[PDB]
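So the structure is just underneath, and the comments pick up after that.
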Amino acid sequence: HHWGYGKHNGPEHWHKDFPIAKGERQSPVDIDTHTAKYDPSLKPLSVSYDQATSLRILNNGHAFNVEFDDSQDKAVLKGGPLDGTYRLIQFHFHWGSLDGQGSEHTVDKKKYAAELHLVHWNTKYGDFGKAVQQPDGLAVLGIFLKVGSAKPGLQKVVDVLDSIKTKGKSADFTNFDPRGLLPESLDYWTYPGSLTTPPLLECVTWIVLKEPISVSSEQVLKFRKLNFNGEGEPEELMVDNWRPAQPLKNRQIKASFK
Ligand SMILES: CCc1ccc(CCOc2ccc(C[C@H]3SC(=O)NC3=O)cc2)nc1
Ligand SMILES: [Zn+2]
């Protein structure tokens, strides 16, 4: 009986195994746009992905992860609210059963169809496992997906999903360029938070871009054909793998833009 996104093991149950679920800096949150305050001291984000080395795509039973070589400073996030250098380790998405839900963050209570998370770790802690034990260990870049025009840079991801349908399947996924998943603007909101899955560690500086990317209905329909289950188990579609908004508590969301 492990955690997941069902009635019996979903987000409302996670606190029993992971009491930090009821902590002071949990993610995601609702971004109240009128309340977020413009912080003119925030720097432009620096997204340096031209030397990114993708390696593999994995169905881990909760999402699919596109994994990168993080054994050197190739693909790094710097600037914005961050001190120092954060290496890209993986990206994944959260998505819904329907276009009207799927995102983890919300904007004035609006849910997007999906949300992309590019996960980076602070190189001053040496490895990812040490970084998640630190309050400034990770930086996650969150990007909303809305359904409209196709995202050309997503199609190579969509087309490999047939090969990792079930939990524990992986496939080689080299030479994928994550710059193809970014919107035009790097305007963002930022706040201190957590991992949005168990173990729910409070180690994340969240950077959520204001501008969504557009994906096609066909692209997100292919996400929804993935399975939570392993091969040879009853089929459980991988949909609604999102944690809902958590209480903001004693936090301020800052905007990089007016
Ligand atoms: C390199 C080996 C390693 C591996 C995982 C962990 C602890 C768990 O860490 C994590 C577990 C889940 C996630 C994904 C979370 S956080 C987010 O933004 N969205 C998710 O789904 C991110 C980190 N420690 C060490
Ligand atoms: Zn995530």
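Numbering of chain A is taken from the PDB entry, so the residues present carry the numbers 3-125, 127-261, in order. Going by what the header records, the deposited coordinates were determined by X-ray crystallography, 1.3 Å. Basis for what follows: all heavy atoms, side chains included, without hydrogens, waters or symmetry-related copies. Indexing begins at 1, ligand by ligand and atom by atom, following the structure's order.
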So what drug did they put at ligand 1?
pioglitazone
I'm curious which macromolecule has the most heavy-atom contacts with pioglitazone (ligand 1) - what does UniProt call it?
Carbonic anhydrase 2
I'd love a list of the residues lining pioglitazone (ligand 1) within 4.0 Å - heavy atoms, by chain and number.
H94, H96, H119, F131, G132, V143, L198, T199, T200, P202, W209
N/O of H94 under 3.5 Å from N/O of pioglitazone (ligand 1), yes or no?
yes
Of all the atoms in pioglitazone (ligand 1), which lie at a distance below 4.0 Å from a heavy atom belonging to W209?
18 (O)
Which residue owns the protein heavy atom closest to atom 17 (C) of pioglitazone (ligand 1), what's the atom, and how far is it?
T199 OG1, 3.6 Å
For atom 2 (C) of pioglitazone (ligand 1), what's the nearest protein heavy-atom neighbour? Residue, atom name and distance, please.
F131 CD2, 4.2 Å
Would you list any other ligands or ions less than 4.0 Å from pioglitazone (ligand 1) for me?
ligand 2 (zinc ion)
Looking only at protein heavy atoms, which one is nearest to atom 10 (C) of pioglitazone (ligand 1), and what is the separation?
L198 CD1, 3.7 Å
Pioglitazone (ligand 1) near UniProt substrate-binding residues in chain A (heavy-atom cut-off 4.0 Å):
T199, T200
Please list every residue in chain A that UniProt marks as binding Zn(2+) and that has a heavy atom under 4.0 Å from pioglitazone (ligand 1).
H94, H96, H119
Identity and distance of the protein heavy atom lying nearest atom 14 (C) of pioglitazone (ligand 1):
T200 OG1, 3.8 Å
Just wondering - which UniProt-listed active-site residue of chain A is nearest to pioglitazone (ligand 1), and at what heavy-atom distance (1 Å precision)?
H64, 7 Å
Which protein non-hydrogen atom lies closest to atom 8 (C) of pioglitazone (ligand 1), naming both residue and atom, and how far is it?
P202 CD, 3.6 Å
Would you happen to know the UniProt domain of chain A where most contacts with pioglitazone (ligand 1) sit?
Alpha-carbonic anhydrase
Can you pull up the source organism of chain A from the entry for me?
Homo sapiens
